[PDB]
Amino acid sequence: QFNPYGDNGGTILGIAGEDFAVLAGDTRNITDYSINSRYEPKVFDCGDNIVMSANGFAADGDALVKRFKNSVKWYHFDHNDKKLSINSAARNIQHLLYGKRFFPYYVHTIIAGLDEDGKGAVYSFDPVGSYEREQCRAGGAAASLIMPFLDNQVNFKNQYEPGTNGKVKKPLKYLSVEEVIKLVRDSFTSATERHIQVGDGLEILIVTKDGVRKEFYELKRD
Amino acid sequence: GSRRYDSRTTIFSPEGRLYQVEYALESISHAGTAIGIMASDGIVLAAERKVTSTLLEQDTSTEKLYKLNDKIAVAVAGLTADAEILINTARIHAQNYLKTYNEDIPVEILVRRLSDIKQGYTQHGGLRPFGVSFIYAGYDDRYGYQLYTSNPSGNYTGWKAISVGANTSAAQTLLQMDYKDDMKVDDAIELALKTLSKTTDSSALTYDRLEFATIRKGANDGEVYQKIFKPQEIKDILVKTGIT
Amino acid sequence: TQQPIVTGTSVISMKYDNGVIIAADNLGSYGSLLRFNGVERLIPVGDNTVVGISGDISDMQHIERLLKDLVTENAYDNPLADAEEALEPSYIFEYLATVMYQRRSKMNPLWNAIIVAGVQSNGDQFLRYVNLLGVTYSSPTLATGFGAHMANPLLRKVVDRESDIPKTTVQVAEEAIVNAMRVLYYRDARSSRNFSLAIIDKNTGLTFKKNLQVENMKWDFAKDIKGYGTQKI
Amino acid sequence: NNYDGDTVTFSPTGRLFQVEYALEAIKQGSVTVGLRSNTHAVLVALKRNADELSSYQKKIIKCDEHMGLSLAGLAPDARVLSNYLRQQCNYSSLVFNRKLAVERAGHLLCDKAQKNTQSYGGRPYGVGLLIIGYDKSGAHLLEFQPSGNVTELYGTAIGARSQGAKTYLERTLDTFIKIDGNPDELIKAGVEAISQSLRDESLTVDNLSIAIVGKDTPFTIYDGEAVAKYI
Amino acid sequence: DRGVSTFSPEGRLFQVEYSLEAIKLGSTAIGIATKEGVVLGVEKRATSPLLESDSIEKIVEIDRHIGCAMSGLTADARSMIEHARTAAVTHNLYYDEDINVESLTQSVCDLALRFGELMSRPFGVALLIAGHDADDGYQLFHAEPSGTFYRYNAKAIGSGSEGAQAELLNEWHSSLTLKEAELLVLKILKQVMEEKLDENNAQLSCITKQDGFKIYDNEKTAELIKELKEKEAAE
Amino acid sequence: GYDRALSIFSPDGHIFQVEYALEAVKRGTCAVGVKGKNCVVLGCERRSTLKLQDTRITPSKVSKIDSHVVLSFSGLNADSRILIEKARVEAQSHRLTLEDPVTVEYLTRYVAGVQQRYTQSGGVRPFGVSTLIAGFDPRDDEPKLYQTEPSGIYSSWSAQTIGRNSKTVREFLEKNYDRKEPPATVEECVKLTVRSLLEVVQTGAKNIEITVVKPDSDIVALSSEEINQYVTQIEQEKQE
Amino acid sequence: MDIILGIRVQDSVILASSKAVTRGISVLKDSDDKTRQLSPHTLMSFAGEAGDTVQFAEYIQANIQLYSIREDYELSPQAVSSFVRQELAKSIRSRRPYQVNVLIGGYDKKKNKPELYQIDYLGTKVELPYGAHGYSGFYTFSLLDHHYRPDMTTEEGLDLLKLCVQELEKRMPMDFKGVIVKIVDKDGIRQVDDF
Amino acid sequence: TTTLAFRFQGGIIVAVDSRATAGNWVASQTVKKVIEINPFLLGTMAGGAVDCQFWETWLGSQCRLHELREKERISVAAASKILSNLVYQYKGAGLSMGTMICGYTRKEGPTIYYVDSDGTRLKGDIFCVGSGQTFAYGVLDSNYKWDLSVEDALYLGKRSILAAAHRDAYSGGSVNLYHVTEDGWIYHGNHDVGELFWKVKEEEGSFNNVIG
Ligand SMILES: *[C@@](C)(CO)[C@](*)(O)[C@H](CC(C)C)NC(=O)[C@H](Cc1ccccc1)NC(=O)[C@H](CC(C)C)NC(=O)[C@H](CCc1ccccc1)NC(=O)CN1CCOCC1
């Protein structure tokens, strides 16, 4: 019987700073035990300082990104070139996903950018449209590997102040873009080591008020 | 396009009248007179056939009086073909009600639905209205014996005695003169025939130019019987009242 | 919901310095029966694109007709149909990709794996894959079916990343493709010896080679192999 | 007279009066000018107001990053036709990953307007459009009429007193066509062209509406203080 | 007869032009836009003294940040308001934000020309749509049955419109306060109204960023009417 | 389907089909609504050119839409049935979804919305009917009286009349009804309603129908003798 | 939903309906009234699939109330039961049938007789002296076969009903949290508050 | 999920956890399971996350349209019935929702309605909904009285979620508290179970099963 879904592997990662946000994703694309491409980008600039990635089944991922990009275009046409805010984009994406509630897009979607106060924002979606704003989110094949590391290093979970008898927590603070990129690179090298569908290359999209910058790093190709 | 040839059958005049309904009523006023008279122990339906020919088969004929179910009948005035369309619908409606509730349809409910169909043709669809006026004679266990009339407008009203078709003005005056509330069926039979006999456009009223029917409780104990009169039975009742 | 009947096996391809090469054997299999032997599975569109198709042949023929009709439709009210407004490989691919995904979404797929090879108007090499699921990807080397498992490893030794493309000539690239076709004939049970090969170069244009054969095969060592373990004769 | 009740009727001389009356709605509309060089294409539009308390009716609409038009006549009809163009441009992008040719855009508008002139019940569009764009064959300018007739031109003008600007552009043809790699000068030529259609009124800051598209310029519209440069 | 969507020889749609005559017969409605808010006022015009004037609803809320006044065949406005409200709420559902006043007006005006041989005739009512958004601030729009809408600093529609508009031309300036605008609507309404203006036959409303759209009480308007009469007698 | 635009604008800005529907209302028998301090009374004329009528079964002029709301009308009788039916269906639908009976304003707004829809829908003519809708909102003791008309406009009235010679009875009500002090009791409200109809009717025999609605679904129709007592009382006070 | 009983006596119809609403391993409510008044002298109890039960009951209620207003007249229990049966008979061959079983207890004012109708989700109607739906019948029918007499009073019927509830409380696996008892007679419908 | 809401002398308490799971994978510890429909209406969420989230914010839009059309805030009964009638249309399609519509109006007073995805709609004084509902019931029922003070009622609601958060593997994260009065709903903070458990253990002397 024809199975309309497939698994293209890969993993993605979104972190929000004080005045910036990053959305990272490996460039490996796979089916079963075969590599289809070592450089197939799945993190896209969608305009209005919104970056997006829909990881999982690539056909559904591309379809979604394509539809959201198109939604941004028509938002301009219908509302006098108004900038689509990240919160409005998130709500719009929910309706895109939930529109196919009974034949879902097989993807973990993450978007990143700046909120209307200029602060870093990351939103994450389940396959059928439930969303939540967070400081931190890993998605895709190696999400279960990376996410607990992020809880520990970004949100300082389970870390107490030394000598305080486990009474005072390590205080929350925003990370610099330099520190965030260190965590992203270490997260992906660790994921590459222990997950077979993750590797080849890492592509990070950084979002500030100045625009969308890109950075690329090699990953192990085995 | 086709706009050019549209008569616009469902519009108002400047005076607030429906042209086609008014002209349908004008048509009905040339149809053979039909009279309904409601007594305390039954209902009489009497109707005059439209200028009969001597070679017309009289006994196997039905023009004016139709049966809707065992408890309800109608007298027709207007286009017979139009009436039969509505009669079959009314017959089906009665059976739908019986099938749904396991009870014979109350007279007014049937009358309202048939009148609602007529109304529809005056408000939407762009079709001509039905050129028909009915006299409904029937019985149910709520209101007992009932007479109604409906016309092309889809408006219906209840009556003790009523006429439709030709010479209703003269016929209604004569009924209003001799009718009284404690009247019996046999008296109503006589009134119906006497009224037609005076209002007729013919030279003399005869059996071959009439249709007649009664709805009595004259069956055996607490049940209603419909009697559509045969030619010979009309001949006898016409002699019995001294018209011929 | 379908099942493929008459099928075509691997389509293999790679980029080189001035263009792209694509190849596919001329077999139309009917399960284990090697039914049809004159099947052309490389279909040129214009003078700048070749679409290689594997999978169901009835659906391949349907796709042929769509591409044929696309050329006709593009020519309508188009004075620049053979110039600036000619069909690009990227246009042809995106059209097919749209159709493939629409058909999978209606639960009635075209049971194919497709590789669109060509050269864009600006000279850039175009090589992209699409299949029955509407999944798309691009790479310096692309292959379908058994080609993905056996050809890609061999072709990736020549062009392992983007920077290896300018260093790879058409002679070296074609040699690797022809070698890969031999390996597939050794190891794929639904492959044939006869195949077609197409080169799309930004200078010399479209070169379509028909009736090629696998050759220079190693079979002599078979005579020494006796039994399955012990046996000496 | 007797043959103008609807679009489906021909006159005895072979005229379609409803189409001609729709054409008349354009003549009443405010003037708008179109012109192009080899590198850029420019729209200039005189906006009209109801009174001093009202805003000035926006004449120019964007269809894609590389295409857009100006209107003269019934504005709602322009909105319908522009929306249709937006969809067609967008269909070309999503399906073929291909920017819609400005010539095809004209063919599509022609065929959409035509269907409304041959069927009972419908009416012709009551608006004229000047479509500019930059595609794979360079800069373009089209003139759309609701009869269905679309015409590719170097320059033109539609609306009330459009003959003045149209005569000017016919004289200036050899000059403005060679304004290559210079946006501001091509606009100046368009602003001077539309000035030939003015009577009693002059070009003010909230009156003038300019748009441009070209080689390294997406379709963008200029209003308000952004057009003060050209007065 | 003749087609509903027919052009006149002058290049206008007959039915649209005839609907504009119906709007001229309607009761007066005035809107004034300021930097402190937008004021909307209407003439109620009760046909008889037995009619309970507070049931005359010619000023209407579309959303918290958008209000609407009407003039003409006011029964035709009901489906327009219903569409506007649904448009406003639907946009909030899809985008988690308030909808722009212009976009709302454009959505309403898209219904206008959806008539022919869709509904059987154009609307016989004009609307004044007042509101606020973060981008373009306080706005007033005049939505016609032609499908056209103009933004206005001030606008009058209905029977006394041409006289009231000429008055608004002289009186309006860019530095008007909200209180000044309130009195100005009352002043101009009292001029063009047939019967004498009071709190029962005239209604005020406004939309501000802080408090949103509010229809004024008859007690609040009565004090503004009294304040207006005193100021005119004071010079 | 039949598509013709029957209701359309004329050069002077009038919709003649809607205005001709008002003429049908003007032809219809007179109907009056008067609301007191704790009640509403709906009075209706019945023309006396129809003798030999059966008043048991003849459709009554005042119709119950729900147990707490009533609807009378003037104009085409057949048209009124369609509006009444729709109103009754909407009343039950409202109870089903909102778990609360309709307000009189809501029910009026619905009926008025139906009438309006028929003034700009293709293939249909307007209803030749104006209605008076009266009752009490759930758990409320404030009397409600509303009027609708073919165009689709509706409004609340302290007292109102529609139909033939309605301008005469409206003239009467305008001077005899005090806003500051409405009829304090049921008797006062009925009497004022009967008085107003006696300006127009002819005889106070079987020509006047009176229906009294009180709070908490308390609706009752008066009989001939009960109404005749008001007619007898009014005439004796008149001779003065 | 689970237990609905009905007993027709000399001058009235008595309906008893369990108060428990259970979902999974939790009794969510113990005061649920599994009945709707269709008309002043007609009461319908119901049991079956969650959601369907109330949705169906209220849909029937609306229709009967609509009829009552239109005709200014109360439909007979027989007429109501026939209407309900037909709706279920339509439903069973729908895309998604109403999985609802009902008892209709009514007092016919024209006949001056109480009437009890049992109708299952298939549209199977029967008039009975006593009725039950679900597993209740397996205990109550035999009990009533023994103790029921056609000429009993309302008070005798309530004692007979107590005997059923006691037996069910003894032998039924599930805790149904007692019953709400309602009486339908010539004076209309009233609830017994202490049972 | 674990959610509860109970009616008492001083109005309505509403308490929920904040965990979201995909099988045994803890997907989030910071989910908002209370939807603020208007200043007088709350909705709780349990079951399929987007099913709840989507349709309850849709419910808020419908409630807004009601007060625009009717010039009056919607009743709790009518608001709950819009949702129950909606999910009933989808019955059999596979929606997964266990919701509670809580609020105050003049005509009704404080009111709670349980509404679930198979079409069940129930008015009541106490409900617990979710995978850890039974754990919440155990503590809530055994300590519930109508005459609880606002302070004690808030704590009992908090303590009941904590009880479920502890025992139920698919509940946890933090406790969100709400108090509904005649003046509307009042938020009473986010309480992380990480700190709350030890604080409650020490101060109350409970949770003796755990290694102190
Ligand atoms: C308690 C915590 C447990 O039930 C509560 O009931 C909460 C309710 C809150 C969040 C409103 N329920 C859940 O967390 C709920 C449990 C559940 C899961 C599936 C069906 C019913 C109930 N979890 C979800 O809904 C999660 C939401 C978070 C963001 C992950 N979603 C999923 O599990 C999704 C969508 C499930 C689904 C529902 C209906 C149709 C299609 C799909 N599924 C995945 O993300 C799949 N999975 C993620 C891991 O990577 C492999 C793919």
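Chain identifiers are assigned alphabetically (A, B, ...) following the order of the sequence lines, protein sequences preceding nucleic acid strands; residue numbering begins at 1 within each chain. All values below were derived from every heavy atom in this structure, side-chain atoms included, with hydrogens, water molecules and symmetry-related copies excluded. Excerpt of entry shown; contacts counted in excerpt. Order of appearance sets the numbers: ligands from 1, and atoms from 1 within every ligand. How was it done? The header gives X-ray crystallography, 2.6 Å.
The drug candidate or drug found at ligand 1 is named carfilzomib (bound form).
Among all chains, the one with more heavy-atom contacts to carfilzomib (bound form, ligand 1) than any other is, according to the PDB entry, Proteasome subunit beta type-5.
Other chains within heavy-atom reach of carfilzomib (bound form, ligand 1), distance under 4.0 Å: A, H.
UniProt lists residues of chain H as binding bortezomib; of these, a heavy atom within 4.0 Å of carfilzomib (bound form, ligand 1) is found for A49(H).
Checking atom 22 (C) of carfilzomib (bound form, ligand 1) against the protein gives a heavy-atom contact under 4.0 Å. The source organism field of the entry for chain H says Saccharomyces cerevisiae. Of the UniProt active-site residues in chain H, the closest to carfilzomib (bound form, ligand 1) by non-hydrogen distance (1 Å) is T1(H), 1 Å. Contact annotation for atom 35 (C) of carfilzomib (bound form, ligand 1): protein present (non-hydrogen atoms, distance under 4.0 Å). Under a 4.0 Å heavy-atom criterion, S130(A) is in contact with carfilzomib (bound form, ligand 1).
The molecule name assigned to chain A in this entry is Proteasome subunit beta type-6. Of all protein heavy atoms, the one lying nearest to atom 16 (C) of carfilzomib (bound form, ligand 1) is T21(H) O, 3.7 Å. The structure places a covalent bond from carfilzomib (bound form, ligand 1) onto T1(H) OG1. The 4.0 Å heavy-atom shell around carfilzomib (bound form, ligand 1) contains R101(A), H108(A), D126(A), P127(A), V128(A), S130(A), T1(H), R19(H), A20(H), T21(H), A22(H), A27(H), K33(H), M45(H), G47(H), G48(H), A49(H), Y170(H).
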